[PDB]
Amino acid sequence: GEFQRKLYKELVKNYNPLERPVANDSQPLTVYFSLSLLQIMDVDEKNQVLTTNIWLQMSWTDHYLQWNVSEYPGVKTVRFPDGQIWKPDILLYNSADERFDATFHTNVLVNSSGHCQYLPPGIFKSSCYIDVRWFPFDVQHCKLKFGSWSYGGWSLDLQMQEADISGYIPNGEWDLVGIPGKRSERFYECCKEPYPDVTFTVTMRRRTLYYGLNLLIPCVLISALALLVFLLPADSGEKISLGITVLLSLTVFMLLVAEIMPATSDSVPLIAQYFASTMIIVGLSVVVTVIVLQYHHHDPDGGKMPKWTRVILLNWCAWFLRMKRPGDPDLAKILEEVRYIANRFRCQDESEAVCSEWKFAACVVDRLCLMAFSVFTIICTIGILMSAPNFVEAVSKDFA
Amino acid sequence: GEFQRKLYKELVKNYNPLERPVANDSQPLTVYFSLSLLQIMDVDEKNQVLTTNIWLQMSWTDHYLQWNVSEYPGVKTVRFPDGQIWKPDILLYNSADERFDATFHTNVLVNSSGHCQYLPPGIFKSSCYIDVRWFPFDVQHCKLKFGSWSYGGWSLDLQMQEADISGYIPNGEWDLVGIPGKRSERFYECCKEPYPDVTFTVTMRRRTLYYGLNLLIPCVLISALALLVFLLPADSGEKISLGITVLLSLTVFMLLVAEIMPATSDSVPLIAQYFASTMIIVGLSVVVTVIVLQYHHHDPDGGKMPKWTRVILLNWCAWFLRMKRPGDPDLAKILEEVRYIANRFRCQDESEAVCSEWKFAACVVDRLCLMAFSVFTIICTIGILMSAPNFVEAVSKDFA
Amino acid sequence: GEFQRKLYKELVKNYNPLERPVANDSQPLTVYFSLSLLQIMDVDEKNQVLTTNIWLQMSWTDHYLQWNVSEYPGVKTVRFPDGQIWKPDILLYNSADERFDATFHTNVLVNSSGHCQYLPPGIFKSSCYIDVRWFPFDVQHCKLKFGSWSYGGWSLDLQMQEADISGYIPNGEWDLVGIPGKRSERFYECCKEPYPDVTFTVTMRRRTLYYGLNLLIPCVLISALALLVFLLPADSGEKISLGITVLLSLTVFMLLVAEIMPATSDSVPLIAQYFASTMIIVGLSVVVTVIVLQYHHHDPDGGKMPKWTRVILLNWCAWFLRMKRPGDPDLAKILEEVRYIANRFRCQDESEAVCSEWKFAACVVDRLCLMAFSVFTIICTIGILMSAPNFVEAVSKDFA
Amino acid sequence: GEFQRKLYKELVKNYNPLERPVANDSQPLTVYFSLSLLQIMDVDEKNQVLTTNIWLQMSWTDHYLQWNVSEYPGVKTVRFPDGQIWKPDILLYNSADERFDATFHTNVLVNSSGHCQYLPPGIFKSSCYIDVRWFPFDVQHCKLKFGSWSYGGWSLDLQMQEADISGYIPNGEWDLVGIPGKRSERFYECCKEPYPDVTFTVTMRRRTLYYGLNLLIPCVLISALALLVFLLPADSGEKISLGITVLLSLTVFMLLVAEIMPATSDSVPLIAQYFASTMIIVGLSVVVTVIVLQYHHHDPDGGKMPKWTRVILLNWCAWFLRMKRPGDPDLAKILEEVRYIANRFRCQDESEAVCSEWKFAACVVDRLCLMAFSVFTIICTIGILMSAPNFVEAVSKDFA
Amino acid sequence: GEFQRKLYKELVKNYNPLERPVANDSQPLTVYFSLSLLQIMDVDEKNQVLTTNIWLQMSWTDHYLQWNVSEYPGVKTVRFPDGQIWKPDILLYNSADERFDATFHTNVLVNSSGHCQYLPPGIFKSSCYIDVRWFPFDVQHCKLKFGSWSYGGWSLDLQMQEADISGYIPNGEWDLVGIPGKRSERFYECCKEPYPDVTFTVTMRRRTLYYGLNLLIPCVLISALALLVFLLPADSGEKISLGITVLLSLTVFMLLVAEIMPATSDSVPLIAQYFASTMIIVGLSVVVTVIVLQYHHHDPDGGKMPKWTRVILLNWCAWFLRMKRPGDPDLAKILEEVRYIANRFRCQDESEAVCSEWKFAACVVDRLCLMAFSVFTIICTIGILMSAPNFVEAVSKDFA
Ligand SMILES: *[C@@H]1O[C@H](CO)[C@@H](O[C@@H]2O[C@H](CO)[C@@H](O)[C@H](O)[C@H]2NC(C)=O)[C@H](O)[C@H]1NC(C)=O
Ligand SMILES: CN1CCC[C@H]1c1cccnc1
């Protein structure tokens, strides 16, 4: 329009985009900085970066970009692209993107009284400490630090407005507790100008249904299945294979969780120590199986059962476990000849009776170690799982 | 051409690219927006990102770019590159790309009466919610929200037009259902002026032939082969090995499944329920195998058959499945010896009879659990696969 | 030199890079387009993306860039960079790159009579449909569509020239068959003027030596190894272990090859059919092994075979396979004892004979199943491999 | 303000950004260069690339950018963007990014007496040698070489200032030791003028808690578990299965470690030596198990124990490891028959005695090899682990 | 400085960056081109690309950029940025980067007599044919072609200077043999002007310590381990498991080796044929083990030993292998009943002999096939390893 063209010609006359738009050069410029969270795109534990979709909000006043709306009836708002007017050089301090600035340079909305409005969008990548001590029952506090790179406090003082969460798109994995901000001042030793900056702390809680279904319950079931070696009879000849196969499956499950864990050496993860305890339990079960197999295949005349072992296992353990114990010249030549066979059969019977005791002792040890290992596994799993804080909150929210 | 040179010189006289080209500055400017779907490239379920290839279509009227073809006999249309003509700042809010705007800036073609056309191509990466509750039989809706950034409702009247799919290239994995649009007006915390936008919803259906033939049929076959542990005679020593190797195969199959799905905690996937059911069935089969093996190797003279187990197994169950049960001092001394031998043989005979009874009981239990597990597996698989909606239509389209 | 400087000053004056350089504005401008294929960089079957290194060849005539070499004795040609002279806006329609244009903008060489020559290079990524029906004996055709974006038929008369492959560098995996071109003009829903375009179809054949030696021969050899389970004597309890280990290895093989193929549900690939048939063969071998083991470990005095089973196995099939089937009162008291012992031995001998007859029946079944499975494996492999077209050509051109 | 506007207009009058701001041309321009390390983002061992977040600090004196504060009461400092004033072209020589420069060009702050400050941020990828000889117990030094490109020693006088680490953010995986700098000038084949440069050496130490808990301890546990093969009785058939499964479980660990580490062929890594030692130990254990099994299943009547073997094993070893050592006409015909039966029984008893002697020899060999293998494993593990120069430091810092 | 200010003002007056700075327009401009290699960043056999860090050296003479030093006493050099003076358009013909040009545009140094220097850095990703025929023992020649894109022989005379490697940083995997270069001319049919181009060939040698320690040694060790099945007694029942385990292990070796290699069909790699030979040897060992198990478990009544098998195995191979071959009415009724038992025992003793013969034959076969396979594996491995050229060179330079 005629009035629009005339005003656009008038405004850019003698305008210097390198100048701070203030009436008094000795006074700072009040700039209001805010934020508008849209969605949490990705949280990467290994690289320790956070990716979010954010609309920034910067607002200030311009002394030169003013006009009387009566002389320009139709026009009430003008718009300028990047590079034609002065804008704050607000940057994200802790950035992980290749190019240090990720915002998209849109237009600037200027009212009739000299009020500007800049809302650039972008996909921001920032580096924050992602603790994995209580994984998967985690709560993370990631920070976003914004501030003017070059303008100090005598020139541009930053003010904070509350972050806008309306329009947030919920994430499937993470639950947003909140996002509170804070305006802080820095005092350089040179001078006496406060340096205002705005920091936003995004606090989120992981939803643990997926991990509980895919990593914890299957490992619990595999460890419980590993307990069956103490129920298999020793004559089957399959006791070792079960345990070693369970150990191999545990190694595979270990690599599965290792490929998603950061290499940080700050603390021992809950899942890591839980896997370690389960693996130790399986190994001890394998050792006990080896000992039981040694007891079962004992040589009948390779030694005598120790008195201490007898009084420990055969009677006391049976009492505790309620396991009952199991169980004419030719005439003389013919006589000696059949007596030899009778004595041989008697010796064989005695040897078998001796071996039965060793077999019973092996069975008793098997049952006792089954009981002990089941108790140990239950106690260790319950304690390790319950040690984590907000575990009750996590289970109540996710699984119910 | 001389006419082209003269018209190009005239058209840029006192032309401001920052000015909105309207005759009356109080009236809005009508802009028509539409899409042109060319190809669906990627549907990343893990990252919830959709990649498409579309041509945006924008049309409006420029008041200043008008001329009479009588004075310029040859030229009818003109083309202006980026930076020399006014263009709407329409961009995608759902953008998941590093650079927020992913369009290729091309020329703007203009009428002899001021009608401008703008068809910029580009590959768009948006973020839409992907539902995995019914994978691989899911239907996905993904939204694309287009609208002007710094221009309010009182400046441009964004008018929606029906999307064009006349040049769509069919995808081998996703079947397009449609792409309708809706134009709505929203308020924002920034300002006090409504901001219109145009949203297009892309509806796709996943073809299930590949996922079926590569995921479900092998699982069915392996789970069915796991049932062979009940037909294997206990005299062999490979039942436990069979069970554990099937468990390992299912574990690797589950890992391959888990490495393609998002880590959401909003629902339990159908494939996850199926895999859990199969794992539970195989685990209980292994437990039953352990029980049967312990029954078969039951040492005689170490406990009699309980009456309850006797009546349940050897009397009732064997009836049910129509399986039957299997089936002079020298002479005095010599007589004593042969009597001893005969008595020992008689005791051996009664012991082996008891052993045969125990083995028959083990076989009966094996047959019972074979039948029960077969019924359980069939029912569970059928129910889990038929629970999902549109399963019949998916099967029909992808197979028949 | 002075003459070159003067000519450069003269040519630039009054020139407009926006106008179309034609003497008559009502006549179209003839532009010749051609390709120069240099290398095929990658064929991504997963993303259906083809990467090539080519040089575009564009040539036209400029009316305003003309001079007489007599007035400028030294200079014969001039070079203008991007943005200083008019250039056609020819770009690839079906681009798969984030930047829709991937051409390095070079200088434009100009005649002394107005002929312009443009040779921009670039690394082009194109989205072409890849058919995996006959993988790895398939032949692929990928299209490259070029044409002006904003210039219609009445303004820019595009023409086609045959592609140049004199500088082609052979690829290790893909063998080039040819690259023809076709020029056509279409109508678009935007406008009512035809828009011509030039399409180049790249036809190439996949070399099969690597895929053969790394996918087909190992599978054949391992299937033949799985066929060896029928020669194992039943006493050595390793048949189940052999079969299940082969099945596990082959599931691993199938799941590994599944990663280098698209998830298109358009057809069942040749390799998929091959591995499915091998799966069924090995599973049926395992089932047969279970049946044979069940027959071998039969319970004596548990029900004799049916006469039908006897005549089928030990009579007909044994002859068919040419197998030979194997095979004073004290005096009275001691007489009774010895008679009892002898009768017990006789009963033991009868039971042994029955067990041996069962074992021979099991061996006969084993031999029959070995023969049948060998025949089936050979037939299935040969049929599946020979069903694919171009198999003979691929073999005779790669292996021979 | 009016004063700011006038000063900005005055300062850029007759200014030339291509000119070096020195009052006297024959003298160099002193520039002070320093660093500001924020955090260490990534250390890629396979690609040998270090990624850091740093701020450069360059300060120099400009002769033309001076003004009197009394004439401009408000403004005390001015700021300029890129292109409008002269800046040093200081680059990182050993860059690894696709773009050779990764800094983000910010504004330049100027005194009222002409003192320019430049603090451009960026994320820098630099290629530095990575030593994996003592991995994980290793300390790495990575160089960062900065310096002007086209300015020599007679034009630019680079001066080094100590690096700042007050803003450092500790990294979990790596522990920073220090960052000293060094300034030196070199000669290049291009030119006959020295070119000074500043090199900062970042020295960091790897924290070994994660690797210790995830890599070494499981390997020690599985290696110790492999020693159980010498305690199993030879009657069972699981020794070879145990050994080979342990070998597989170690092979996959070696696979993962080789995946983690680079393919440099300048030294044998400590973890590689450890894995080779474990491989050799397990293989030798399997060979010993095979030998012991061959000794156990010795055919009686098919050979005799050599005198050397007898004296070596059955006496000296049995003392050393303290193992007990286990071990009328009709009348004549009847007499002959019973004599035959008893004679065959005697022969069977002699064969059984020979078998028992062979079994005892096998047990003695098993025990001796268990002792020897335990000693070898412990000695080798301690020797390999203790050779790291900073093993004591790692143990006393991370674990303690 | 005032002098350099006025010199910069004077030099750019009436300067056109579009023309060749030659005093005579008809005389070609001589340009000297060289290269300075610094690092071999990466070699990608799968993608057939080479990544290097390189400085380019271009030198020419500018006619218009001359001045008298006595007129400007303090100025001896001037520096110009991109787009301000004429520069050769030298490009890399066979680049593989997404952007065809991968150099960083630095300043151009001009001396007082018009001599220009240009040293742009960059990381170049070119494509070269990598031959994996003799992997790991490889020697690769990768080409780098540089030339002017749009300048002929009457315009540019591209001379050559030898490459500079004084600043080369040794790589940990590749040994730089050298970098020769050639200056080649191209003659066109149109014109008699040569078309100079400079190509540099990079000759590299792969250091084989890492590959020979991570691929060769474990393969030969596992292959030697696979020979223990013949030393294993057949009563253990684990030969099949050992063989099948080892085979399956070696597949997870061949597949993971093929993971890192290009899919070319130009030749069969040495590592591929070595792996194939090893797998074939293991498979034949498994078949022989099956045959030996068939011979061992031969029932005594299932036929008679073939005469040829007798004379061969029991005599010839036995002597050759030096294996020792092992080795009133009541009276009548009692007489018959004892003679029956005596005859039963006699028949059992007679039937044991043929079983012993079969077992001895199986042992002979085991020993003979162990002897054969031991030489087979050694011959195959040595021949395959020593077939490659410069294997002695690689060994002497890496291991020794
Ligand atoms: C132009 O836009 C700005 C937006 O901030 C207006 O400033 C606000 O105006 C309302 C109405 O009086 C007040 O309630 C707010 O307190 C003002 N905000 C501030 C920071 O002052 C401004 O008034 C508008 N100018 C015109 C002529 O409408
Ligand atoms: C020190 N610089 C960097 C490498 C070469 C040298 C240089 C010399 C002249 C022009 N450009 C660069």
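A, B, ... follow the sequence lines: proteins, then strands. Residue 1 opens every chain. Note that these values count all heavy atoms, side chains included, but never hydrogens, waters or copies made by symmetry. Per the header: electron microscopy, 3.0 Å. We count ligands from 1, going down the list as the structure has it; atoms in each ligand are counted the same way.
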Report, using the naming of UniProt, the chain with the greatest number of heavy-atom pairs under 4.5 Å to ligand 2. Neuronal acetylcholine receptor subunit alpha-7
State which drug is located at ligand 2. (S)-(-)-nicotine
Neighbouring chains of (S)-(-)-nicotine (ligand 2) at under 4.0 Å, heavy atoms only: D, E
What Ca(2+)-binding residues, per UniProt, in chain D have a non-hydrogen atom within 4.0 Å of (S)-(-)-nicotine (ligand 2)? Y188(D)
Which transmembrane segments of chain D (UniProt, counted from the N terminus) have a heavy atom under 4.0 Å from (S)-(-)-nicotine (ligand 2)? none
What residues sit within 4.0 Å of (S)-(-)-nicotine (ligand 2), counting only heavy atoms? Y93(D), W149(D), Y188(D), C190(D), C191(D), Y195(D), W55(E), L119(E)
